[PDB]
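Okay, structure first, notes after.
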Amino acid sequence: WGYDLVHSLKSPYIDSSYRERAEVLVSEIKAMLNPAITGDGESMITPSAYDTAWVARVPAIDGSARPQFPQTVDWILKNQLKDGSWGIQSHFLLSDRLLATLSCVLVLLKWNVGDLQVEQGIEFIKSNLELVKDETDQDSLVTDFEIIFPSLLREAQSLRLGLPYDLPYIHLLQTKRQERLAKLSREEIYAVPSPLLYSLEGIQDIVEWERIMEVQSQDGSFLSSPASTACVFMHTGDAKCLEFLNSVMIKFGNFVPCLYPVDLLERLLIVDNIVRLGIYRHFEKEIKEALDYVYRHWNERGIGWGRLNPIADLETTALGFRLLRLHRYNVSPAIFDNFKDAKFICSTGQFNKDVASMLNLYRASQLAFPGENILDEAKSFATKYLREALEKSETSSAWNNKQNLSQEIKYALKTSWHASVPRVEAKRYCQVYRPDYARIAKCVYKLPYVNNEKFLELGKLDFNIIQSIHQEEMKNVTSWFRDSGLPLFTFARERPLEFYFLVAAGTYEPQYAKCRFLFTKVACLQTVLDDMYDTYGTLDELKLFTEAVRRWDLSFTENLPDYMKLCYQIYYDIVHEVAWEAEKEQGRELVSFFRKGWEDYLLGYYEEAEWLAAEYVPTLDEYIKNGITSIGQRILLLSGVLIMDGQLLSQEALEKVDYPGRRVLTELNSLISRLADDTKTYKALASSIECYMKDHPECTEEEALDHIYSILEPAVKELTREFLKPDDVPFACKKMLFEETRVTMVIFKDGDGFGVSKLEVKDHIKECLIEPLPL
Ligand SMILES: NCCC(O)(P(=O)(O)O)P(=O)(O)O
Ligand SMILES: [Cl-]
Ligand SMILES: [Mg+2]
Ligand SMILES: [Mg+2]
Ligand SMILES: [Mg+2]
């Protein structure tokens, strides 16, 4: 550890060639995404054999005995898999293969072609249905499988196809279809758009086609489904239905996907993945262009996966809310009212979609601003939902196990967005992100703009490069520390890497080396000062030191005890080094501002030292007043935020994020730090807990701890709003302040009074700064 460990590190990723390579990857990714965000190559999604077979059913509008879209028949004939099924070869899902295969078999029979394909397809369906022994063998179900498959299978039965219609599993599916259809408000199908519109081809005996046009999408589709639209067309001859089918054929050529368009969801998924991989800083232009498009279509009623959906989609809406707010767009959590029954109700469609919607709702709820009760309500509901989902058999299907769904849900629930280490979350996501991830709707599908090898290649390389740069900085840090004189204060533990981690895990960009270096120096100094005032120093010694603090005179130190003479000299040097660097970056005088900051901090320590000497227990009000100042976060934060390469802070701009006595970023960070610290420790003078109990002699320790949290929770919401709020403060500065708070909140998370885990701190340093990602 310390000097020896850090100087033993020899990372290859520091060489310029690695960054040059990453820049090639960045250019390649910009070119890849260009059609999606700026061109007309939006909605890149794999073929749906199931839907393609429905489109193939449509007879020629000229009345001749052939398909209107004969290229779809040719596609089907040429794309059977080796086992006789149709679907995506890389991923096997039973329900997907069963549905697509029966769909293709029937249309080939309709047109009296592909006799060999039909024979092989029928064998696949029969063969595989007979392997289903019980419910737990069925695996994950494609959208509305229970509704559609019995219907499609009855079509086959009327043609007397050699399939096992009398299997228990078949009877069970009909039972499930009945239980789904029982909750159906049929009269409302025609009046209120609903998820069932995605699958009209499965409920043909129920739908009055003469009334169904009222809920058609503006593009002519029925909830973006080619199959459902093809069905309505064949029953109605509706011109707009045909226009939709034509538009999809024009786009894809000789097949159709199971959803179209997916313009909103795809854009959001692209952004979400780029952000989670930690590579977002390379794609500011593309992220803005993507989210600007989503925002244009953002409305009070929510959004669907495609901009023309006549009903909103919780998955896409919750994802949109979070990403838009995170990128400083003005959105309101009142959009979630669109998904309440009159509270929430999502849990009706297919399982992966429902789980995804709730994961997204859970994540969105954590970005709550003050007074947003609906998001507190959303958090509760989603948490309960996800905990229940963990106990469901569907969660442990072969398909879900292969994708580690249970693990993903568990990780989400144990993870607080506020109490996260940003660099570590990106590192962890690089280990979970799948270039070949397969999604489920009417069929299994992929979105190559979202899931691809280039994203991951860049994610791993970029992480390693940044880390190697930090490793060189840590050599500088430990080298400085060794020669600084600070190690002479043997009453204080040496922790330079812990303090470097506090800033570097959130403010990681290469250009902010000076910020990280100066922040670390000040944090090292402060830990000595803290131990001196609250432990080592006598009140009479501290009175002397505090007088020297007022004087700003090196010559005055002749009065101090030897250890204080040295301490004062180091303190004086660090303060003025930071100030010179700040003045250089900011182009204005800042020595006076820094000096006032330091004296307020240390005068705060001295007040505390007087209390200790007198065994005085403050009121909670006086404790918090003192604590916001004496905790030292304000002056530490200032020692980094004013020296960020290229980030100009006028006095006016600075006062927006730093202003003692006001609820701005540095003040809220100070309050959060003080109180989070207390909740985590305090059990291991007097803390906020103990002060509250003096104020309330009859209250229990339990009530006391609850009270401290009642102060913390609102503070965290304010911190979030202050961070994300639109203003003219350089965003890099606000992010630096916010990210230091997030890393602090990690150190103090799950406050039970027990104390901070030293082994976990070391583990965070190992993961973040020491161990690279394997390439
Ligand atoms: N900078 C915080 C230092 C403390 O939390 P610590 O207990 O010394 O870690 P304090 O109790 O002095 O406020
Ligand atoms: Cl996968
Ligand atoms: Mg202290
Ligand atoms: Mg202390
Ligand atoms: Mg403490």
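We number chain A the same way the PDB entry does; the residues here are 35-376, 379-720, 727-817, in that order. Atoms within a ligand are numbered from 1 in the order they appear, just like the ligands themselves.
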Drug candidate at ligand 1 among tranexamic acid, tacrine, pamidronate, chlorzoxazone: pamidronate
Determine the main partner chain of pamidronate by heavy-atom contacts and give the name the PDB entry assigns. Alpha-bisabolene synthase
Which residues from other chains neighbour pamidronate at a non-hydrogen distance under 4.0 Å? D566, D570, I667, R710, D713
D566 N/O under 3.5 Å from pamidronate N/O: yes
Any atoms of pamidronate less than 4.0 Å from a non-hydrogen atom of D570? List them with their elements. 12 (O)
Considering only protein heavy atoms, which is closest to atom 1 (N) of pamidronate, and at what distance to one decimal place? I667 O, 3.9 Å
Could you list the atoms of pamidronate found under 4.0 angstrom from a heavy atom of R710? 5 (O), 13 (O)
Does the protein put a heavy atom less than 4.0 Å from atom 5 (O) of pamidronate? yes
Using a distance threshold of 4.0 Å (strictly less than), state whether atom 8 (O) of pamidronate has a protein heavy-atom neighbour. yes
Between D713 and pamidronate, is there a nitrogen or oxygen pair with a distance under 3.5 Å? yes
Okay, neighbours of pamidronate under 4.0 Å, other ligands or ions only. What have we got? ligand 3 (magnesium ion), ligand 4 (magnesium ion), ligand 5 (magnesium ion)
May I have the N/O to N/O pairs between pamidronate and the protein that fall below 3.5 Å, each with atom names and distance to one decimal?
unit_1: pamidronate; atom_1: 5 (O); unit_2: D713; atom_2: OD2; d: 2.6
unit_1: pamidronate; atom_1: 8 (O); unit_2: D566; atom_2: OD2; d: 2.9
unit_1: pamidronate; atom_1: 12 (O); unit_2: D566; atom_2: OD1; d: 3.0
unit_1: pamidronate; atom_1: 12 (O); unit_2: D566; atom_2: OD2; d: 2.9
unit_1: pamidronate; atom_1: 12 (O); unit_2: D570; atom_2: OD2; d: 2.6
unit_1: pamidronate; atom_1: 13 (O); unit_2: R710; atom_2: NH1; d: 2.7
unit_1: pamidronate; atom_1: 13 (O); unit_2: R710; atom_2: NH2; d: 3.3

